[PDB]
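Positions are given from 1, in the same order as the sequence printed here. Order of appearance sets the numbers: ligands from 1, and atoms from 1 within every ligand. What you see below is based on every heavy atom in this structure, not just the backbone, and it leaves out hydrogens, waters and symmetry mates. The header says X-ray crystallography, 1.9 Å.
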Amino acid sequence: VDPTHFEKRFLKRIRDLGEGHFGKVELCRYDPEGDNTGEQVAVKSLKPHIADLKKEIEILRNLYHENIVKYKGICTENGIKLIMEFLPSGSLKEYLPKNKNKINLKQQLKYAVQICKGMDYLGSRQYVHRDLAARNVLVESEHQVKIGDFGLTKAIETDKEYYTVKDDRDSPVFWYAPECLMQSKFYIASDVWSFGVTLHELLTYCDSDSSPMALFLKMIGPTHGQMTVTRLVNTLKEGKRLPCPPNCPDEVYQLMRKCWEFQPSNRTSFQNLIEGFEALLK
Ligand SMILES: C[C@@H]1CCN(C(=O)CC#N)C[C@@H]1N(C)c1ncnc2[nH]ccc12
């Protein structure tokens, strides 16, 4: 009965879609007319951290892009739910293993371009994503993907180059650049690094045995507990990186390597990546 919001009683629950840090996402049909003509929507709620969800809502409200999941609205309870468009094929992490024979290198490069476009937009808006990994890239169809979660996303202040994180507890460390691990500083160039790791996942079709975590654990050892990040940083300082996936051509690997320069100022920009991938298409 605020017509500008979604009524909780009409978000007809269908099934779970996924879980993240603070939240879970569920598929609902929003059916206020009660005649089953309403649309299916994805609904993010706090897990069975209110301030955190509200910050994520403010970010997604402020984003509108072809390769960013579409904000639809809010449902208010105190509590709040974030309402988004539903993207039926789910994340790249679940979609790619099911579609190896359907998705070729050409299609993978088109996804790389779409990811880089959403990311260049995000950066232009002075946000750092902080969780760019295949599990957060949603597939609308065979031909299009969108960045689909913003739970760790932060604003960089005008004229500043990084955001300093005070709370690193949710951090995907095997997707993180050295400055994020060593100083909790997050630059747009730190999201470039994460994108290189995401690209690696995309090229290995998100095989679990080739995941950045599984691969780095093999390099540094799996039982270091709280010394894990320390060993990761040591490895990176030594210049080691994830290898070229087999079936990844050298020209693509070179783009990936440009995301992995140790120093953030030495890394490629997302605009340069967009153009670099497009030169490999047709
Ligand atoms: C890949 C999407 C982003 C990460 N997901 C989370 O649940 C994060 C949390 N908490 C799953 C979600 N997912 C499977 C979706 N599946 C279908 N439509 C969706 N719209 C928005 C998300 C979404």
I keep wondering what the drug at ligand 1 is called. CP-690,550
Counting heavy-atom pairs within 4.5 Å, which chain has the most contacts with CP-690,550 (ligand 1), and what does the PDB entry call it? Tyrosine-protein kinase
Any idea which residues from other chains are within 4.0 Å of CP-690,550 (ligand 1), non-hydrogen atoms only? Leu17, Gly18, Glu19, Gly20, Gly23, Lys24, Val25, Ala42, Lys44, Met84, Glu85, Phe86, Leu87, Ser91, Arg135, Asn136, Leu138, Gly148, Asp149
Give the residue and atom name of whichever protein heavy atom lies nearest to atom 13 (N) of CP-690,550 (ligand 1), and the separation in Å to one decimal. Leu138 CD2, 3.9 Å
Looking at atom 15 (C) of CP-690,550 (ligand 1), would you say a protein heavy atom lies below 4.0 Å from it? yes
Test your reading of the structure: does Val69 have an N or O sitting under 3.5 Å from an N or O of CP-690,550 (ligand 1)? no
So, looking at chain A, which of its UniProt ATP-binding residues come within 4.0 Å of CP-690,550 (ligand 1), heavy atoms only? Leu17, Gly18, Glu19, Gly20, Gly23, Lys24, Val25, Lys44
Could you check atom 18 (N) of CP-690,550 (ligand 1) against the protein and tell me its nearest heavy-atom contact, residue, atom and distance included? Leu87 N, 2.9 Å
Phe86 N/O under 3.5 Å from CP-690,550 (ligand 1) N/O: no
Return the residue and heavy-atom distance (to 1 Å) for the UniProt active-site residue of chain A nearest to CP-690,550 (ligand 1). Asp131, 7 Å
Return the closest protein heavy atom for atom 11 (C) of CP-690,550 (ligand 1) as residue, atom name and distance. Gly18 CA, 4.2 Å
Write out the residue and atom name of the closest protein heavy atom to atom 6 (C) of CP-690,550 (ligand 1), then the distance separating them to 0.1 Å. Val25 CG2, 3.7 Å
UniProt domain, chain A, most residues near CP-690,550 (ligand 1): Protein kinase 2
